[PDB]
Trainee: 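For reference, this is Programmed cell death protein 1 solved together with toripalimab.
The sequence lines are taken in order and lettered A, B, and onward as chains. Numbers in chain A come straight from the PDB entry, and the residues shown are 1-139, 146-223, in order. Residue numbering for chain B follows the PDB entry; the residues present correspond to positions 12-65, 73-129, in that order. Here chain C follows the PDB entry for its numbers: 1-218, in order, are the residues you see. Note: hydrogens, waters and symmetry copies are ignored here, and every other heavy atom, side chains too, is used.
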Amino acid sequence: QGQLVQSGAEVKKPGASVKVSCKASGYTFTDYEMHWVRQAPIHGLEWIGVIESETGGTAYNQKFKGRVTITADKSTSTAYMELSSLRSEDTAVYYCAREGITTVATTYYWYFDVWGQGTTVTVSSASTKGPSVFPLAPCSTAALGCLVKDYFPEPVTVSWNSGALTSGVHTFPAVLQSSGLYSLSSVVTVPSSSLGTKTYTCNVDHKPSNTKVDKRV
Amino acid sequence: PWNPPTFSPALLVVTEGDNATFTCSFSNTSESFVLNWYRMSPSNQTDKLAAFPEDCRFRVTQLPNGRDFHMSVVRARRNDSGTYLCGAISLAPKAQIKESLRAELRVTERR
Amino acid sequence: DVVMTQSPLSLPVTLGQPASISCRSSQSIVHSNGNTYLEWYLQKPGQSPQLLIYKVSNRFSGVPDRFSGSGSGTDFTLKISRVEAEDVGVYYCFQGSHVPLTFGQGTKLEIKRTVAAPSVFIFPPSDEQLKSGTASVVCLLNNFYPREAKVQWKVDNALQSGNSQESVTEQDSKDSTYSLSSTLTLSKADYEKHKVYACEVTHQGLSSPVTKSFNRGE
Ligand SMILES: *[C@@H]1O[C@H](CO[C@@H]2O[C@@H](C)[C@@H](O)[C@@H](O)[C@@H]2O)[C@@H](O[C@@H]2O[C@H](CO)[C@@H](O)[C@H](O)[C@H]2NC(C)=O)[C@H](O)[C@H]1NC(C)=O
Ligand SMILES: *[C@@H]1O[C@H](CO[C@@H]2O[C@@H](C)[C@@H](O)[C@@H](O)[C@@H]2O)[C@@H](O[C@@H]2O[C@H](CO)[C@@H](O)[C@H](O)[C@H]2NC(C)=O)[C@H](O)[C@H]1NC(C)=O
Ligand SMILES: *[C@@H]1O[C@H](CO)[C@@H](O)[C@H](O)[C@H]1NC(C)=O
């Protein structure tokens, strides 16, 4: 066993390059190879390539060979992964995963027993913009909500009454609109008797644009 | 070990000054692999001398067939005498490191 | 490249019942050393994939007894003897005998629950967004099952098309229901030229479709 921790999320313009790292701990680095795997809805799980730390040898999927470089620094137990000439379709989650090297002392029959937590790479021509927050109120159970609209990139975090209200809260996954911007709705179900008693406020946090909005409904 | 490379001859003796050529034959199954030439230093510490693909006195040359390789020291010195081997590193599919048996090079004094 | 195909792609199963997922490879996946590196991975929601089954039928450490694998040639199967709640997620088969290494397309295992009719709410466009030139109308389907639901927008009984996006939540870990939000995106121009706005909801839990409406103004 052991652990794999990857670098944080990344957002890049079409045609740029991204470099994501993968730090290992809890096992002997050189006893293992390090693979890189992509996951996107249009693509599924697909294998990118593999590096052997000791020799620096690499093997790539023909689909990415020519615009991916995989490097490893044995002294720091870190593997790297550099994707060049980014396209919009490169938007995906990128994982690193180890594989035991079969030797005369040890035989490995399996591939990927330990994975990193994943790194999100979004490729878009859009520019960083904070969200417009709008109330969702109707014209013995009532529904209220907030429309978090026209923001980029992911993610935002929506909380209700500063975390006090969690029961019955539904924050839906964001959808990419035609404008290249993201839209999102978060709703909550309250008893109709409490419409005039309590205050219901959204807490929209969008770190990439440094945006905090406290919107009451 | 599965499909190891062979390293020959097991005992090669040359006169100091000459070239010394070993033959490491590796019949690879699926070509994401690298071949490394090693010399075993005091009490089993391995020194990489060259690698295929990619000191210039240590030369590795791929032969026309997809199996045989020539590992030559150019103008062997007396202290080139030692224990050598070749290791095959298959990166994919299924990572595996397979070494040859050790071969000995002896370099004798010129008259 | 060896193409790995899974069947089915969505597997709802009642708690305690068996489950079965098929994997087919476009060609043989025997390795040159004689081994068959067929593997099964499970990606629990919000987590990384984890290894379940290696070398066709071998259970990885820590994997419960109820998981088992088998196969021969190009056909392989993953069996769960008794499906438990912690077993939901996406299942992938994987081959490592040929380069490039390839995964199956995935099989989403969900819990089959008793049918639940959705509670439907509709929200008009806000004051603050209308001053911004755009108008958004939201229809909410709360805590229903199964996942399959139809939401159609009607502006003055005119059936809309192309101007509505929708998103669904993951199956809730406590009641096994879904929730859906439909979003009618209109220009404020188009919004202020019509009066009534409705979403019609069709679902297995509703004996007849449900409609929620509001008149612009009132
Ligand atoms: C010993 O080898 C050197 C260098 O040769 C290289 O490695 C050899 C094992 C073999 O693979 C060669 O094809 C490689 O070139 C020889 O040096 C050469 O000497 C000739 C003499 O005329 C000269 O024309 C060449 O240019 C030299 N090689 C290079 C690369 O420049 C040397 O001749 C060998 N010694 C003997 C006596 O065999
Ligand atoms: C066994 O390997 C040979 C050599 O492969 C070359 O060197 C390797 C270290 C690695 O860098 C490969 O990418 C190189 O191709 C293979 O021979 C080549 O095979 C390719 C197949 O795509 C072919 O296009 C080349 O013309 C071949 N060239 C030579 C000099 O042989 C061979 O195919 C491998 N055998 C098996 C069964 O995989
Ligand atoms: C071997 O002897 C040579 C002679 O100059 C010199 O490079 C050094 O003493 C030794 N080198 C190696 C690599 O053993």
Trainee: Give the place of toripalimab in the structure, all copies included.
Mentor: chains A and C
Trainee: Residue-wise, which UniProt domain of chain B is most involved in contacts with toripalimab?
Mentor: Ig-like V-type
Trainee: Using heavy-atom distances under 4.5 Å, tell me whether A:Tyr108 contacts chain B through its side chain, its backbone, both, or neither.
Mentor: both
Trainee: Okay, for chain B, which organism does the deposit list?
Mentor: Homo sapiens
Trainee: Which single chain of toripalimab has more heavy-atom pairs under 4.5 Å with chain B than any other chain of it?
Mentor: chain A
Trainee: What part of A:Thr107 gets closer than 4.5 Å to chain B, counting heavy atoms only: side chain, backbone, both or neither?
Mentor: neither
Trainee: Measure B:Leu109 against the heavy atoms of chain A (toripalimab) and call it side chain, backbone, both or neither at under 4.5 Å.
Mentor: both
Trainee: Please classify the contact between B:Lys59 and chain A (toripalimab) as side chain, backbone, both or neither, with a heavy-atom cut-off of under 4.5 Å.
Mentor: side chain
Trainee: Which residues on chain B are in heavy-atom contact (under 4.5 Å) with toripalimab?
Mentor: B:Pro12, B:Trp13, B:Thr40, B:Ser43, B:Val45, B:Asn47, B:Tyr49, B:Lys59, B:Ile107, B:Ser108, B:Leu109, B:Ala110, B:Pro111, B:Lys112, B:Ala113, B:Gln114, B:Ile115
Trainee: Give chain and number for each residue of toripalimab with a heavy atom within 4.5 Å of chain B.
Mentor: A:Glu33, A:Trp47, A:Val50, A:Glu52, A:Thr55, A:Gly57, A:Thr58, A:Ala59, A:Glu99, A:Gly100, A:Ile101, A:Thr102, A:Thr103, A:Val104, A:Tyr108, A:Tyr109, A:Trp110, A:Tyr111, C:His31, C:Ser32, C:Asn33, C:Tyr37, C:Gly96, C:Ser97, C:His98, C:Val99, C:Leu101
Trainee: So which donor and acceptor atoms of chain B and chain A (toripalimab) come within less than 3.5 Å of each other?
Mentor:
from     : atom 1 : to       : atom 2 : distance (Å)
B:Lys112 : N      : A:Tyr111 : OH     : 2.6
B:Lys112 : NZ     : A:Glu99  : OE2    : 3.3
B:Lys112 : NZ     : A:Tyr108 : O      : 3.1
B:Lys112 : NZ     : A:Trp110 : O      : 2.8
B:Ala113 : N      : A:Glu99  : OE2    : 2.9
B:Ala113 : O      : A:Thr102 : N      : 3.2
B:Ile115 : N      : A:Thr102 : O      : 3.0

Trainee: Write down the PDB name of chain A.
Mentor: Heavy chain
